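This entry carries tacrolimus.
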Amino acid sequence: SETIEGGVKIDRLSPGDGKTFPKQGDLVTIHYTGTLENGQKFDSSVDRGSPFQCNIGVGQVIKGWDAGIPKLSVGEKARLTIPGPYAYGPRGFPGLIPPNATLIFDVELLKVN
Ligand SMILES: C=CC[C@@H]1/C=C(\C)C[C@H](C)C[C@H](OC)[C@H]2O[C@@](O)(C(=O)C(=O)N3CCCC[C@H]3C(=O)O[C@H](/C(C)=C/[C@@H]3CC[C@@H](O)[C@H](OC)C3)[C@H](C)[C@@H](O)CC1=O)[C@H](C)C[C@@H]2OC
């Protein structure tokens, strides 16, 4: 496991092109599944049939995504394990994320613009 900013962990699952990495502000297209530590799924873009898009590195998303996504290359699949302070902190998110939760995201980087 690689330990990056905040103590977020990356487990590399299957490789990308090893050369096309997102830079600050780039639009990324990602499919994800999010689970709690006990393995209980809370959300998935795959279940919606629509990949998620954001600009990375600008605070649109939780800190653990801004930390982890730039370390992936196009096509890569990885698991991000994100401690509470890099996710939803003491507050959580109603109906989905308890207080102080470590979150697990399986992510696939589909495209970079
Ligand atoms: C503008 C309102 C609706 C708007 C909703 C969308 C565009 C649809 C988009 C697919 C979100 C999902 O909708 C099905 C759903 O995704 C989750 O299930 C989820 O897996 C998740 O954790 N994601 C989504 C994928 C990127 C990482 C993370 C996130 O960073 O999400 C971001 C997030 C909530 C950041 C908060 C912002 C407030 C801060 O206080 C907090 O700081 C701790 C962090 C999302 C993208 C926001 O930028 C935009 C929105 O909220 C959340 C558990 C709840 C969230 O629904 C709300």
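We number chain A the way the PDB entry does; in order, the residues shown are 2-114. Because only heavy atoms are used, hydrogens play no part in the values below, and waters and symmetry mates are left out as well, while side chains stay in. Just follow the structure's listing: the first ligand is 1, and inside any ligand the first atom is 1.
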List the chief contact partner of tacrolimus in this entry, with the name from the PDB entry.
FK506-binding protein 1
I'm curious, which organism is chain A from according to the PDB?
Candida glabrata (strain ATCC 2001 / CBS 138 / JCM 3761 / NBRC 0622 / NRRL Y-65)
Contact bool for atom 11 (C) of tacrolimus (protein heavy atom, d < 4.0 Å):
no
Do protein heavy atoms approach atom 52 (C) of tacrolimus to less than 4.0 Å?
yes
In tacrolimus, which numbered atoms sit nearer than 4.0 Å to a non-hydrogen atom of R49?
10 (C), 14 (C)
What protein heavy atom sits nearest atom 22 (O) of tacrolimus, and how far off is it?
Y89 OH, 2.6 Å
Is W66 in polar range of tacrolimus, meaning some N or O pair under 3.5 Å apart?
no
Enumerate the atoms of tacrolimus whose separation from the nearest heavy atom of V62 is less than 4.0 angstrom.
26 (C), 30 (O)
Just wondering: what's the UniProt domain of chain A where most contacts with tacrolimus are?
PPIase FKBP-type
Could you name the option among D48, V108, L97, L104 that has the heavy atom nearest to atom 54 (C) of tacrolimus?
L97
Under 4.0 Å from atom 40 (O) of tacrolimus, is there any protein heavy atom?
no
Please check atom 29 (C) of tacrolimus for a protein heavy-atom neighbour under 4.0 Å.
yes
Ignoring hydrogens, tell whether any protein atom lies closer than 4.0 Å to atom 1 (C) of tacrolimus; use the non-hydrogen atoms only.
no
Determine whether any heavy atom of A88 lies closer than 4.0 Å to an atom of tacrolimus.
yes
Answer yes or no for atom 16 (O) of tacrolimus: protein heavy atom present at a distance under 4.0 Å?
yes
Within 4.0 Å of atom 43 (C) of tacrolimus (strictly less), any protein heavy atom?
yes
Evaluating non-hydrogen atoms only, which member of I98, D44, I63 is closest to atom 19 (C) of tacrolimus?
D44
Can you find a protein heavy atom under 4.0 Å from atom 34 (C) of tacrolimus?
yes
Can you list the tacrolimus atoms lying under 4.0 Å from a non-hydrogen atom of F43?
20 (O)
Tabulate residues with any non-hydrogen atom nearer than 4.0 Å to tacrolimus.
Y33, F43, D44, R49, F53, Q61, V62, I63, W66, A88, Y89, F94, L97, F106
